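Below is one structure; the comments refer to it alone.
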Amino acid sequence: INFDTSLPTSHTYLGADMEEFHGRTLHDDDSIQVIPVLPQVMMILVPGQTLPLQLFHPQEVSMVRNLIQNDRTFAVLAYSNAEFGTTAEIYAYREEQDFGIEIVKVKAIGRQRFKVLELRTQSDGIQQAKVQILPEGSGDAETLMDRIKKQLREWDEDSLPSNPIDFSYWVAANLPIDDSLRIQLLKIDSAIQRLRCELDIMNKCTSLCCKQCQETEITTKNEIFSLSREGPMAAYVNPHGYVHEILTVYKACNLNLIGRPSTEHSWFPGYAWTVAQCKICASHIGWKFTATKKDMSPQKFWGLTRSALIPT
Ligand SMILES: N#Cc1ccc(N2CCN(Cc3ccc(COc4cccc5c4CN([C@H]4CCC(=O)NC4=O)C5=O)cc3)CC2)c(F)c1
Ligand SMILES: [Zn+2]
């Protein structure tokens, strides 16, 4: 590729002038902490994963302002339909105004996992969560990490973590799997146990389908390509604050193209998106990205929403 695999990770569609916070905050294990809960996101965050956010409502804008004064850390719960979650630490901040509307744009990172002990909704409607920090641990597993990396090569072609705990959350966050399996991987405390399950999951992986119809195969594990350092799967925020997880793939099937290619708010700079819908149900599965210059090495790719896809 000729693209910069570090620009998808900068989220420059959010504005190119953000504050940076370098400090870190790691709570101790078994510790019990009260943290604000992100109000609209319904995702399963993995430690290491990056969360882009676009906040408009006064209640949400004031919260994030109190987080910057305090820990800059909040809670993202894993919903079975919320007994576990992950913490997210803001590392970049930017305040905007549009027609007298205060917009906040934040970039956050998954940090530590937790088990919800108690929940509270407050006067502003923003929920708060009393969580016990779950532990990670020690140990090594090089045989496993190498067998998992052998399989990932038979799928696509040191962009991969070298630490068992870090590698385990990279597969957790980048494998094409159901949210029921992401939770299972998040309920484990040892990395060795997680890398094992993750190797089974991918040996039993299948094509991905349209979730609305369960009748069209859109793509497979062997078409996944990484155009970003983060990985083949990355979260992005649309113009209305809706965060999507996107699988980047070279070929997608059973999709129709609606509209003319556009560059506005593109998550992949230099490219242009066109809505792709299922050929049978017409449900929005994602977008087809196309290059604005003939010199760009990946001239076309697909970005598919993990929300519109179900494993076969
Ligand atoms: N309170 C308050 C408040 C809140 C929000 C305000 N405004 C929001 C809109 N902004 C102007 C605008 C208009 C129209 C468009 C067309 O594009 C759209 C439209 C709808 C959904 C999606 C996309 C693109 N897209 C993906 C495709 C893949 C990719 O690469 N990137 C993406 O984003 C989507 O999912 C873009 C920007 C101006 C600000 C505000 F003015 C006040
Ligand atoms: Zn369909």
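Numbering starts at 1 and runs along the sequence shown. When the header is checked for method, it gives X-ray crystallography, 2.2 Å. Counting convention: from 1, in listed order, for ligands and their atoms alike.
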Quick check: what drug is at ligand 1? mezigdomide
So I'm looking at this entry - what's holding onto mezigdomide (ligand 1) the most? Name it the way it appears in UniProt, please. Protein cereblon
Write out the binding site of mezigdomide (ligand 1) as chain and residue number, heavy atoms closer than 4.0 Å. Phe56, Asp98, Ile101, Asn238, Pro239, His240, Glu264, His265, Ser266, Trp267, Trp273, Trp287, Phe289
Please list the nearest protein heavy atom to atom 30 (O) of mezigdomide (ligand 1) with its residue and the distance rounded to 0.1 Å. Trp267 N, 2.9 Å
Looking at atom 11 (C) of mezigdomide (ligand 1), is any protein heavy atom nearer than 4.0 Å to it? no
Cross the UniProt (S)-thalidomide-binding annotation of chain A with the residues having a heavy atom under 4.0 Å from mezigdomide (ligand 1), and give the overlap. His265, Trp267, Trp273
Out of all atoms in mezigdomide (ligand 1), which are within 4.0 Å of some heavy atom of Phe289? Include the element for each. 28 (C), 29 (C), 30 (O)
Nitrogen or oxygen of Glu264 less than 3.5 angstrom from that of mezigdomide (ligand 1): no
Which organism does the PDB entry give as the source of chain A? Homo sapiens
Nearest protein heavy-atom contact for atom 7 (N) of mezigdomide (ligand 1): which residue, which atom, what distance? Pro239 O, 4.4 Å
Evaluate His265 for polar contact with mezigdomide (ligand 1), using N/O atom pairs at a separation under 3.5 Å. yes
Where, in terms of UniProt domains, do most residues of chain A that contact mezigdomide (ligand 1) sit? cult
Protein residue, atom and distance nearest to atom 3 (C) of mezigdomide (ligand 1), heavy-atom basis: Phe56 CD2, 3.9 Å
Among residues of chain A listed in UniProt as binding Zn(2+), which lie with some heavy atom under 4.0 Å from mezigdomide (ligand 1)? none
Under 4.0 Å from any heavy atom of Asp98, which atoms of mezigdomide (ligand 1) are there? 41 (F)
At what distance is the nearest protein heavy atom to atom 20 (C) of mezigdomide (ligand 1), and which residue and atom is it? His240 NE2, 3.9 Å
Identify, for atom 42 (C) of mezigdomide (ligand 1), the protein heavy atom at the shortest distance, and state residue, atom and that distance. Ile101 CD1, 4.2 Å
Contacts table for mezigdomide (ligand 1): protein N or O within a distance under 3.5 Å of ligand N or O, distances only.
| unit_1 | atom_1 | unit_2 | atom_2 | d |
| --- | --- | --- | --- | --- |
| mezigdomide (ligand 1) | 30 (O) | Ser266 | OG | 3.4 |
| mezigdomide (ligand 1) | 30 (O) | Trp267 | N | 2.9 |
| mezigdomide (ligand 1) | 31 (N) | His265 | O | 2.7 |
| mezigdomide (ligand 1) | 31 (N) | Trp267 | NE1 | 3.4 |
| mezigdomide (ligand 1) | 33 (O) | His265 | O | 3.2 |
| mezigdomide (ligand 1) | 33 (O) | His265 | ND1 | 3.0 |
| mezigdomide (ligand 1) | 33 (O) | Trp267 | NE1 | 3.4 |

